[PDB]
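1-deoxynojirimycin:Sucrose hydrolase complex.
Chain lettering follows the listing: the opening sequence line is A, and each later line takes the next letter. Chain A is numbered as in the PDB entry; shown residues: 37-606, in order. Heads up, chain B uses the PDB entry numbers, so what you see runs 37-606. In listed order, ligands and their atoms are each counted from 1. How was it done? The header gives X-ray crystallography, 1.9 Å. Values below: all heavy atoms of this structure, side chains included; hydrogens, waters and symmetry mates excluded.
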Protein chains: 2
Amino acid sequence: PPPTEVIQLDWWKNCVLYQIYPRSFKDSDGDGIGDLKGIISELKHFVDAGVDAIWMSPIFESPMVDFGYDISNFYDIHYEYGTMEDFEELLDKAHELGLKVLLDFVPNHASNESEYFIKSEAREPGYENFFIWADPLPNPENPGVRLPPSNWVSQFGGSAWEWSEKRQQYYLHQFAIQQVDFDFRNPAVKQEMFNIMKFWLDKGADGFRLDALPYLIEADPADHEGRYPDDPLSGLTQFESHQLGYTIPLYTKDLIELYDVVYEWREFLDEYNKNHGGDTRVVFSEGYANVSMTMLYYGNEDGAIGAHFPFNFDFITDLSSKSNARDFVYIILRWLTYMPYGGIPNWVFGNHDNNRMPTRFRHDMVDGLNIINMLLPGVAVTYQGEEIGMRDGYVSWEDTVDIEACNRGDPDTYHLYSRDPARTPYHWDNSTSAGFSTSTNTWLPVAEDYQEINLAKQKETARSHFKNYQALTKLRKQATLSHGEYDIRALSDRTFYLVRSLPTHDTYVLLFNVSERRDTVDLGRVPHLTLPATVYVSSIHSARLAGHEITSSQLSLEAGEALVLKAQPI
Amino acid sequence: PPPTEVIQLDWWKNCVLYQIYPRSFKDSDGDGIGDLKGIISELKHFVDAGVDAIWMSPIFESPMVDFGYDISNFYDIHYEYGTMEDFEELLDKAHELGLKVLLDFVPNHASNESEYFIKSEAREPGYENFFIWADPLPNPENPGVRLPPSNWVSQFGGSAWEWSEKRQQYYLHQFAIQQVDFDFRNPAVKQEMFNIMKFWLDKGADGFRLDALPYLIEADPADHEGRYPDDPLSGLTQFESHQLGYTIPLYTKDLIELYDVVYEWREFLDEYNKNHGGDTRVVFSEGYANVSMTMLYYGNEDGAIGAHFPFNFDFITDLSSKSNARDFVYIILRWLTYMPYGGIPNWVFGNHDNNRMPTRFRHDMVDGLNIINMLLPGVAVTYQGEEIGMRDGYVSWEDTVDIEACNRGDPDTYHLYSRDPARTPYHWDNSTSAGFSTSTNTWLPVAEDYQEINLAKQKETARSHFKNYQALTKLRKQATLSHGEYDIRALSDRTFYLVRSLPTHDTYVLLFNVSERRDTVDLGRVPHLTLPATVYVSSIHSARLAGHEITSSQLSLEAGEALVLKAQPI
Ligand SMILES: OC[C@H]1NC[C@H](O)[C@@H](O)[C@@H]1O
Ligand SMILES: OC[C@H]1NC[C@H](O)[C@@H](O)[C@@H]1O
Ligand SMILES: [Ca+2]
Ligand SMILES: [Ca+2]
Ligand SMILES: [Mg+2]
Ligand SMILES: [Mg+2]
Ligand SMILES: [Mg+2]
């Protein structure tokens, strides 16, 4: 029977989404700082890699206390990365290449150097109630010692309440002191969020990645007899009252009210898309929360529709080099079991806040992990460097610039908190600073292994992480990956299969030995696999090359070894 | 295409195992206490139900502090239940009816009224080191102030160490003061466990349920500078030092050494089966532990073999009336993902230690839960009463006899700890004491609902929980259920499917609405299901009767409604 026809999916339902960290991607001007002209000079890389969409970490005006997540002007570009003119040139050239471009929208908080905050702190009409402002807690026992409104702890260490001398009140900061929480019960705040998104959509952005959504809304003091209620204590003896972990964020995180805001954003975006046409503009949400609270981002049982998807962080939070094949299968099944009917699944192996994929797992697992990302149904998310297997760089206490490490850590402990090792400059080639910059003075130090692990080397050599990444993004054009069913089970503690299958179309099978030992499996146990079958992709140190025939039902895999087999249609 | 033959499995790989609680099954002599003559009189009940195997809770000589789990003589019957001759008659008539009979083996501990203990406490030669005896912890702060060897906490509340005035040492009890922990590093103790099992196998027992295995072995003082190490503190503020929950059982539970004793028991049982022939004799292990520690009961990576299976308690520990269809699917997949290849799966919905199935879930979910139990691959475990949907009985403080409630509870709290509600006499009929006894004076009070919920009523009326149970045990004879593949997914937050399929044999599909609301599903989404299909079983509250034709691909299910559909072969 000739192959069945498939209906084309909207671009966002099966895109490869690549996360750029602009400060570390490409420095065009020799200051050791990545910039918009550098991204423009390398837009061709995304076409070459088979990436469909890029999301940039924040590039808006920022005092850089949290490297861009502390925004002083939501309507202009950070001078170190470029100008508004450079941003419009990036959108033009990305669009001319067929790429979608998403921006990082940071709705929870503004810089204390924003006009919003300067005006609010001065009680300017229209801005007085823009942020969460609170009087000290009544201290009847002992006045003249001022108490914060509650025991709430900041994500970056210390009290989430900061005293303003000028306003004689505390403001809330869930992040750095310099990151002030907006009041999302203020209709003027909600309108300003629509105004910001409309500004950037009108410039031509294809959508947003929405930062820190679990922290949008905190308890209304009207519900607690006019005080901010204390979060419960954890009881964990390793954390004192200034340390993140001391409290359970019952009154400060995952409040049901935050989802109404996200559903209002989607209604806004739907109307925008209806009134503008062209490619669907989308929102992807960031939030670390339990399965129930994460799936509420998609929408709810009463028919509300939220983000196009919430990010799936499961390969960051629940899988590591300690995981066996049964763990891999059980965690993969969690998103696919709990995601609502019609939801688009997505897979995230890394980001700028977490250790790099090959450091969390092992160096010999890079290809297997990139195959899982590309072969599971839905959307693959790649963090800058995963396409070449980059590793965490070494960063000394002296070179550490992450506010989280500087606030929570010291020269002995910093490494426990710092996100800097996942933010080291991208390895283009084996030239000075790995081709990231013409300067030796980079904003973070270049990882020592850049001579071994760089993009130019992997394009030159016959087998490489990059060549495997290219073969996998190319495979996603096949109807079996865009529309095919999936079947996933462990064959042993060491090896699992993933089968994509679609009647009249080729079958594709991942076999992956995630263990540190060899494993022999019976391919007779793999559904929809008729032999012989052809190796489409192999791990860079597999005995099997692309084009190799698998004829025997008994298969011995090395530690880390992964294969994609192409087999006849069912 | 005529139906393929399947090779018949050994009896234990797909049996329906029924747990009898002898004290509450059937009183033959009017003392309000269930007995062995009682059981003999109703062995026909297991043939009628489609039960293959019965396991009895303990029937050995016991002061009854823990209603049989405190054993004073491992080689004879508790007088209230009957005589050795009654036991021999039970095995004889049970075997005549084709039934297998398992005994509850309690290797962790003996009654302090056991000869073992009386001899041990007196330091008689060969018994001195039969139990864990320890000196008080040296007190350098105030010498000769008596301290327990460690902070360890009993499962029934209070210290796990009891002072012997006679011996001037502490003994270990993980359970009641009256349950004394054997020393499993003493080869004489290990020999005595073989001696007990051989005795009962020689009488013709078909094997054992093994009690309390996670607690077998505790830290050797020789590895902790010649003291028993304190268990870590939990930090949970609701637990004082005398309360279960105060400690994390790092040195008192799940020690790797316990598994070596289990593998030794399986090696002895394999040698017994080999030398005696006839039906395979088996061991099913009891232990509440995490998934890694649970799966080690089957065997280990070195090829050691343990229990035929450890009990799967997931429908007790991890599902309830709070669970939705996605929770049901994700918990069912846990055993099937983690169980070693070649392992036999099992499903437990209740026991004498936990609230009854219809109380933990809902009254309208009974049929759907019994369907899951019978239609999942492997072994179905039924607890006394689940075949008629018995609910927890009310038991006042005054009528409470469970040591766990009496030790950990009081008149206001006892309901939090007591197991008695799940142990109320079995509802045979609507006669005095629901036909459990001719006396109104029963050892626990007969539940108030026995007029509504009894076996006789369910055998007479056209649709019942018991008739459904009978229809499901009969279905287990079909090749599709013994040898079929499985496929399980959620269609919604309310409804899931379970498909058993096998080429050339009939297809069986469970559809179950686990919610309190009506749900409409598309049957086109269900793999291997071609319409029309026939209702084989329906919940007693379903508008569909057995024999009903499902023709439409749109299906509305009322709250708690479950159907088993019979559909043409694949
Ligand atoms: O904006 C606060 C916080 N949100 C999440 C971002 O990914 C992280 O880098 C940032 O520090
Ligand atoms: O023997 C101790 C303990 N083990 C588990 C048994 O099921 C329970 O009833 C008993 O109290
Ligand atoms: Ca907030
Ligand atoms: Ca013990
Ligand atoms: Mg630059
Ligand atoms: Mg299938
Ligand atoms: Mg009696």
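- Tracing 1-deoxynojirimycin through the model gives ligands 1 and 2.
- Other chains making heavy-atom contacts shorter than 4.0 Å with 1-deoxynojirimycin (ligand 2): B.
- Near 1-deoxynojirimycin (ligand 2), within 4.0 Å on a heavy-atom basis, the structure shows B/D102, B/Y105, B/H145, B/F192, B/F211, B/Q215, B/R245, B/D247, B/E322, B/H388, B/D389, B/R455, B/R459.
- The B/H145 neighbourhood of 1-deoxynojirimycin (ligand 2) comprises atoms 1 (O), 2 (C), with distances under 4.0 Å to a heavy atom of that residue.
- The source organism of chain B, per the PDB record, is Bombyx mori.
- Counting protein heavy atoms only, atom 9 (O) of 1-deoxynojirimycin (ligand 2) is closest to B/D389 OD1, 2.8 Å.
- Near B/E322, the atoms of 1-deoxynojirimycin (ligand 2) lying under 4.0 angstrom from a non-hydrogen atom of the residue are 5 (C), 7 (O).
- Close approach of 1-deoxynojirimycin (ligand 2) to B/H388 is summarised as follows: ligand atoms under 4.0 Å from at least one heavy atom of the residue are 6 (C), 7 (O), 8 (C), 9 (O).
- At the shortest separation from atom 11 (O) of 1-deoxynojirimycin (ligand 2) among protein heavy atoms lies B/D102 OD2, 2.6 Å.
- Within 1-deoxynojirimycin (ligand 2), the atoms closer than 4.0 Å to a non-hydrogen atom of B/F192 are 11 (O), numbered from 1 in the order shown.
- Counting the atoms of 1-deoxynojirimycin (ligand 2) from 1 in the order shown, those under 4.0 Å from a heavy atom of B/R245 are 6 (C), 7 (O).
- At the shortest separation from atom 1 (O) of 1-deoxynojirimycin (ligand 2) among protein heavy atoms lies B/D247 OD2, 2.7 Å.
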Would you mind listing each N/O atom of 1-deoxynojirimycin (ligand 2) next to any protein N/O under 3.5 Å, plus the distance?
from, atom 1, to, atom 2, distance (Å)
1-deoxynojirimycin (ligand 2), 1 (O), B/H145, NE2, 2.9
1-deoxynojirimycin (ligand 2), 1 (O), B/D247, OD2, 2.7
1-deoxynojirimycin (ligand 2), 4 (N), B/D247, OD1, 2.7
1-deoxynojirimycin (ligand 2), 4 (N), B/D247, OD2, 3.4
1-deoxynojirimycin (ligand 2), 7 (O), B/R245, NH2, 2.9
1-deoxynojirimycin (ligand 2), 7 (O), B/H388, NE2, 3.0
1-deoxynojirimycin (ligand 2), 7 (O), B/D389, OD2, 2.5
1-deoxynojirimycin (ligand 2), 9 (O), B/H388, NE2, 3.0
1-deoxynojirimycin (ligand 2), 9 (O), B/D389, OD1, 2.8
1-deoxynojirimycin (ligand 2), 9 (O), B/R455, NH1, 3.3
1-deoxynojirimycin (ligand 2), 11 (O), B/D102, OD1, 3.3
1-deoxynojirimycin (ligand 2), 11 (O), B/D102, OD2, 2.6
1-deoxynojirimycin (ligand 2), 11 (O), B/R455, NH1, 3.0

